[PDB]
Engineer: 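Clavaldehyde dehydrogenase, bound to clavulanic acid - let me ask you about this one.
Each chain is given a letter, A onward, matching its sequence line's place in the list. Residue numbering in chain A adheres to the PDB entry, whereby the residues present occupy positions 3-247 in order. Following the PDB entry, chain B shows residues 3-247, kept in their order. We number chain C the way the PDB entry does; in order, the residues shown are 2-247. Throughout, chain D uses the PDB entry numbering, with the displayed residues spanning 3-247 in order. Side-chain atoms are counted along with the backbone in the values below, which use heavy atoms only and exclude waters and symmetry mates. In listed order, ligands and their atoms are each counted from 1. Method on record in the header is X-ray crystallography, 2.1 Å.
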Amino acid sequence: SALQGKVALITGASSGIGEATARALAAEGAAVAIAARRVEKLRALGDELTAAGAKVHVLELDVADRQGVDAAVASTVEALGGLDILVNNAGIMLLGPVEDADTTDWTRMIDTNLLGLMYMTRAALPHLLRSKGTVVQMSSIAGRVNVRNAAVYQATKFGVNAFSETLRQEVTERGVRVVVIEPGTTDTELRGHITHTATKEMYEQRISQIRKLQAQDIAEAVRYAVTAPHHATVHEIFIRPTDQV
Amino acid sequence: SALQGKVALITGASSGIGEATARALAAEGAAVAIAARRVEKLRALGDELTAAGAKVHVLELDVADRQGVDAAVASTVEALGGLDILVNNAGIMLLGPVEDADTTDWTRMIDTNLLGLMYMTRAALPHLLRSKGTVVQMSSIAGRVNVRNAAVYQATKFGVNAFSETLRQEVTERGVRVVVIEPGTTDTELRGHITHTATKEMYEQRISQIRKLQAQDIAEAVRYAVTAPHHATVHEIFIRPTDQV
Amino acid sequence: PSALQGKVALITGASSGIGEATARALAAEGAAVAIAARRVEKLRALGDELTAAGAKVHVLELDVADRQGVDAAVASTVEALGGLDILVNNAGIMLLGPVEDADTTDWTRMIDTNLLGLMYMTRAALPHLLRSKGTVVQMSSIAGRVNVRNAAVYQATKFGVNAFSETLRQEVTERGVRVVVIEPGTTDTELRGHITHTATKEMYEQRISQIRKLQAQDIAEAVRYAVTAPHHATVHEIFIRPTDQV
Amino acid sequence: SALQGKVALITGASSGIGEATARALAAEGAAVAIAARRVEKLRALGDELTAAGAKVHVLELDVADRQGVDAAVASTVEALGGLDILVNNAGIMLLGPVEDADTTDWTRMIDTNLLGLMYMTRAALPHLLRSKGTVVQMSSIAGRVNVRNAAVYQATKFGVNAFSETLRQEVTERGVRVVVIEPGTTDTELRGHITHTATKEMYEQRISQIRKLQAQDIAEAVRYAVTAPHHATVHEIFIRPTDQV
Ligand SMILES: NC(=O)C1=CN([C@@H]2O[C@H](COP(=O)(O)OP(=O)(O)OC[C@H]3O[C@@H](n4cnc5c(N)ncnc54)[C@H](OP(=O)(O)O)[C@@H]3O)[C@@H](O)[C@H]2O)C=CC1
Ligand SMILES: NC(=O)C1=CN([C@@H]2O[C@H](COP(=O)(O)OP(=O)(O)OC[C@H]3O[C@@H](n4cnc5c(N)ncnc54)[C@H](OP(=O)(O)O)[C@@H]3O)[C@@H](O)[C@H]2O)C=CC1
Ligand SMILES: NC(=O)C1=CN([C@@H]2O[C@H](COP(=O)(O)OP(=O)(O)OC[C@H]3O[C@@H](n4cnc5c(N)ncnc54)[C@H](OP(=O)(O)O)[C@@H]3O)[C@@H](O)[C@H]2O)C=CC1
Ligand SMILES: NC(=O)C1=CN([C@@H]2O[C@H](COP(=O)(O)OP(=O)(O)OC[C@H]3O[C@@H](n4cnc5c(N)ncnc54)[C@H](OP(=O)(O)O)[C@@H]3O)[C@@H](O)[C@H]2O)C=CC1
Ligand SMILES: O=C(O)[C@H]1/C(=C/CO)O[C@@H]2CC(=O)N21
Ligand SMILES: O=C(O)[C@H]1/C(=C/CO)O[C@@H]2CC(=O)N21
Ligand SMILES: O=C(O)[C@H]1/C(=C/CO)O[C@@H]2CC(=O)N21
Ligand SMILES: O=C(O)[C@H]1/C(=C/CO)O[C@@H]2CC(=O)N21
């Protein structure tokens, strides 16, 4: 139990990567504040983790809401005593051409993937500074490589990376570690949300012929990064499916 | 006159790089639609350009306004007959630490630098597709390199770059050229807007000891890129002050 | 527990630093280790240590810049240990100094060892890795990701290693050969003792004196994490920086 | 004539991009030292340029030869009075898989593309420092993007870029400008040299259905960069064929 007595706040914890990460960190002895919009799914996970001997704090949160963000962080510190690890995992992937796009796709991705992550980072920062803690940014291969029909999604993830590198420069000397996780195709609910029907089906066929990364693989990457000695910042882990060029 | 009979729409044309670019493209024989919020400054530039023999269409526009963007593009095509060149130059640079930041800095930069650019791009695209035209994105060294106290600004510019590369992959085969200009320190009004006083002062001192790039230098980069033969897409020009490591 | 039981790892640059720690780490996971470098005395000492701890060891005197020596070293490893599952291309040298009026033997040495030697080893190992659906680990650097003054040619070799390795990944990944690239920042090893430009050697020492450096063991743990990941996952890049260092 | 009284040394001047660049610079009034191994082709070009009113210095040079490099630079400064522009254009592209590769492909590419370029840069530097001149590195899309069957070639070109950025940091404050040109597919003799037959054929098919960049397009990129005002360093120009995703 490398994380005994530590407090982790995980956004997007109701499914996929965030759910696996919350489990992984709790398994290492961390108290976990689990945040997302689907409260019933969070409660179900919270019950499971509590029944497994973990300390859980359930947070109904929209990361795009600046006020909600500030309250969520304050609630976590109040209920669990501090903040050692923030996992900015909440995100959505809305694929489709730039041409004649539904721009609500764009505003949603920017609010959640970029602004939400930045809001959470900022609110957590005073607490992470005191605990010499770690912020883990859930980026993507989409923050390293551009492919067609993912322009704005890729814009958000490249943006996350630049924000995070800059953040590292700003806070690293005070012992706040900045970790960026960059998964390739991972088998989650993420793709079910694509609003462009033609691209949703194109993407599904594209990834149908590979062994996908599992949510647990990515949780393991986070676990490796956060349990590394404090003098080491695993700033980037770029993990790809072996089957995928 | 390499651009005779062509129409260019330049956002952020009321000062700085956009003003110089509008002059440069007009000098090459292009009809210019000049867009920004300060109508008085646009009118003054429009008068000067018209007095020099250019065809000018003045557009009062906030690029963050989706509806205003659509109307501005439609107004341009109606008044000037089409669209061959879009210069997405409207932008703001609000520097300061992430820690305890004024988050209105962030929303402004994202709305203008990222969302505004993407809105203009999308609205212009049908017209650029017909004319096999060129979209010029005004990025920055901040889209290539991260320094302290520019996290969200750099996020927007790295985002612009990823969006633009992806756009290139999507439209290049149909003859729409995607050009990204990346200036280093350029002597404009840009820095006057920084809301974090300590950072504004720090930045001023940092750039006080170099010969800065001039707005005209960047206009020249744009002119070189857009007058290149159609089979060549000058996708990136990274121009730095020689005095600046 | 032993995630690499029955696997064979060949580690170049095993006589000190990161390669030594990596050979220990892999052996601790149950892998048989072929340890390769030029200082045979140091290899023998490590080999004795590992053998005494219950490991299977094959000692290889090798200059990675030697194309023929490379081929023989791979052949010797597969003959002695039965196959090849993991290659760690760790052999390397860092010769810092300005471009201006540089001692160009600095350059040829770095290119021969860091770039060409790594490529030769990769190529010779590949038929064996293809059969075993194995993993090649490239020891790159922060120098393959960021450029600073007085490390022009070294950074050229490391950026070169990264492009070579990404391209390799595209070529072999579908046949189940995983390409892993490890990118340490400042790590406390013998590496810097070799700098021939005296002024730069001193400048570098002062710059890194103010930080808690990465340990060779930290980097070995990165390698361990990457190679013990399930086969369907290729941890293509791990970029590990000293927390103290902007 | 923006380069009147300037001296340019161009490596790889016997064909392709180097030939076009030597013509373009001479057209701007620069004296040109033209260097390559095929003396006969250099003399024919030298005759052409001299007949057009240019000052020409013919140099038989293998850039992989460190002593030949030193003599070539000394010969140039002796014959033409100094050195204002170096174009490191000599290069070879030997494509093929890593698996079972002919490793003489590798040593040739490293000797010419990387070491030869570095040798030339180093020998020229004292002279460039005096003249506050410009070094132009002929990199490639292969220094920016990795594709299959170009591993070692891409290694040399990514290497050239890192070397050159580092060089910029080291010499830029003393007024030596470092320019990196990155062409995509350009119609030259380059591809005729590929030793791996299957890959040579695969590459030819790949580039058969695009309008390729012309050697003259690349020469124009060099010309734009070197005639920019001294306070501006056009550090990167990334030029892609518009037809090529
Ligand atoms: N799956 C993949 O192939 C890859 C995914 N990623 C990244 O991983 C992250 C997690 O997504 P993934 O697990 O894949 O897919 P999921 O859809 O399963 O997870 C997304 C999670 O984010 C939450 N969420 C979405 N919007 C908000 C919001 N406005 N406020 C708070 N929480 C929100 C969702 O919970 P709820 O709806 O209850 O709010 C959900 O739990 C994303 O950042 C994604 O970009 C990166 C690389 C590869
Ligand atoms: N100066 C520099 O060192 C560098 C600048 N850049 C980029 O260059 C671009 C132009 O900036 P620069 O000329 O330097 O500085 P300026 O402030 O002089 O120009 C910015 C222009 O953008 C306009 N603008 C701002 N917000 C909006 C909006 N929401 N809608 C429409 N127009 C808007 C302003 O006009 P108005 O107020 O009338 O609307 C103004 O004309 C920006 O994209 C910037 O990021 C990139 C690299 C270096
Ligand atoms: N130390 C650091 O801060 C960092 C180092 N690195 C990389 O780590 C790798 C290992 O270096 P590190 O452990 O740091 O320093 P060391 O000097 O301690 O290790 C270098 C190892 O490589 C071997 N070696 C050198 N040249 C050759 C050659 N021609 N043929 C075979 N073996 C050779 C040496 O053994 P011998 O002399 O007996 O042959 C030695 O075992 C290098 O590739 C380096 O670039 C990357 C990031 C940071
Ligand atoms: N064509 C393309 O698609 C692209 C090419 N490039 C780069 O452009 C540069 C020039 O190539 P390009 O013009 O296309 O092809 P060419 O083969 O036509 O030109 C290469 C030139 O380099 C010379 N050369 C080769 N080896 C040496 C050497 N050892 N010493 C001195 N000169 C040498 C050749 O002349 P000689 O045999 O007489 O010595 C020739 O003049 C290269 O660096 C290449 O990597 C970059 C991006 C795209
Ligand atoms: O490679 C993939 O699976 C997907 C992806 C998935 C989630 O980041 O992100 C990038 C954009 C895209 O379509 N890629
Ligand atoms: O280098 C500079 O002058 C400035 C800049 C200016 C406008 O992009 O962008 C980056 C962010 C910053 O502070 N840099
Ligand atoms: O950051 C550092 O400590 C050193 C280094 C060390 C080993 O790669 O590589 C890069 C080049 C340099 O000076 N950096
Ligand atoms: O895109 C291309 O045409 C070629 C190329 C050509 C010359 O650098 O460089 C990259 C490596 C490759 O195959 N690409």
Engineer: Provide the full list of ligands or chains for clavulanic acid.
Structural biologist: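 It sits at ligands 5, 6, 7 and 8.
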Engineer: Could you check which other chains have a non-hydrogen atom under 4.0 Å from clavulanic acid (ligand 5)?
Structural biologist: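 Other chains with a heavy atom that close: A.
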Engineer: Does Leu97(A) approach clavulanic acid (ligand 5) within less than 4.0 angstrom via side chain, backbone, both or neither, non-hydrogen atoms only?
Structural biologist: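 The part of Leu97(A) near clavulanic acid (ligand 5) is the side chain, not the backbone.
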Engineer: Taking the non-hydrogen atoms of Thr188(A), is any one of them nearer than 4.0 angstrom to clavulanic acid (ligand 5)?
Structural biologist: no
Engineer: May I ask you to identify the nearest protein heavy atom to atom 12 (C) of clavulanic acid (ligand 5), giving residue, atom name and distance to one decimal place in Å?
Structural biologist: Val149(A) CG2, 3.8 Å
Engineer: Around atom 8 (O) of clavulanic acid (ligand 5), find the nearest protein heavy atom and jot down its residue, atom name and distance.
Structural biologist: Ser142(A) OG, 2.5 Å
Engineer: So is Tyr155(A) polar-close to clavulanic acid (ligand 5), meaning N/O to N/O under 3.5 Å?
Structural biologist: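 Yes, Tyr155(A) has an N/O under 3.5 Å of an N/O on clavulanic acid (ligand 5).
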Engineer: Under 4.0 Å from any heavy atom of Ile143(A), which atoms of clavulanic acid (ligand 5) are there?
Structural biologist: 1 (O)
Engineer: For clavulanic acid (ligand 5), which atoms have a heavy atom of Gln156(A) less than 4.0 angstrom away?
Structural biologist: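 Those qualifying, in numeric order: 11 (C).
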Engineer: Got the closest protein heavy atom to atom 3 (O) of clavulanic acid (ligand 5), with its distance?
Structural biologist: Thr187(A) OG1, 2.5 Å
Engineer: Give the atom numbers and elements of clavulanic acid (ligand 5) that come within less than 4.0 Å of a heavy atom of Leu192(A).
Structural biologist: 7 (C)
Engineer: Please list the nearest protein heavy atom to atom 5 (C) of clavulanic acid (ligand 5) with its residue and the distance rounded to 0.1 Å.
Structural biologist: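 Nearest neighbour among protein heavy atoms for atom 5 (C) of clavulanic acid (ligand 5), to 0.1 Å: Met95(A) SD, 3.6 Å.
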Engineer: How far is atom 1 (O) of clavulanic acid (ligand 5) from its nearest protein heavy atom, and which residue and atom name does that atom have?
Structural biologist: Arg208(A) NH2, 3.2 Å
Engineer: Can you report which non-hydrogen protein atom sits closest to atom 10 (C) of clavulanic acid (ligand 5), along with the distance?
Structural biologist: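 Heavy-atom neighbour on the protein nearest atom 10 (C) of clavulanic acid (ligand 5): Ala144(A) CB, 3.7 Å.
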Engineer: What residues, by chain and number, sit within 4.0 Å of clavulanic acid (ligand 5) when only non-hydrogen atoms are counted?
Structural biologist: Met95(A), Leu97(A), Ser142(A), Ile143(A), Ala144(A), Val149(A), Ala152(A), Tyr155(A), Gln156(A), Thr187(A), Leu192(A), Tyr205(A), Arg208(A)
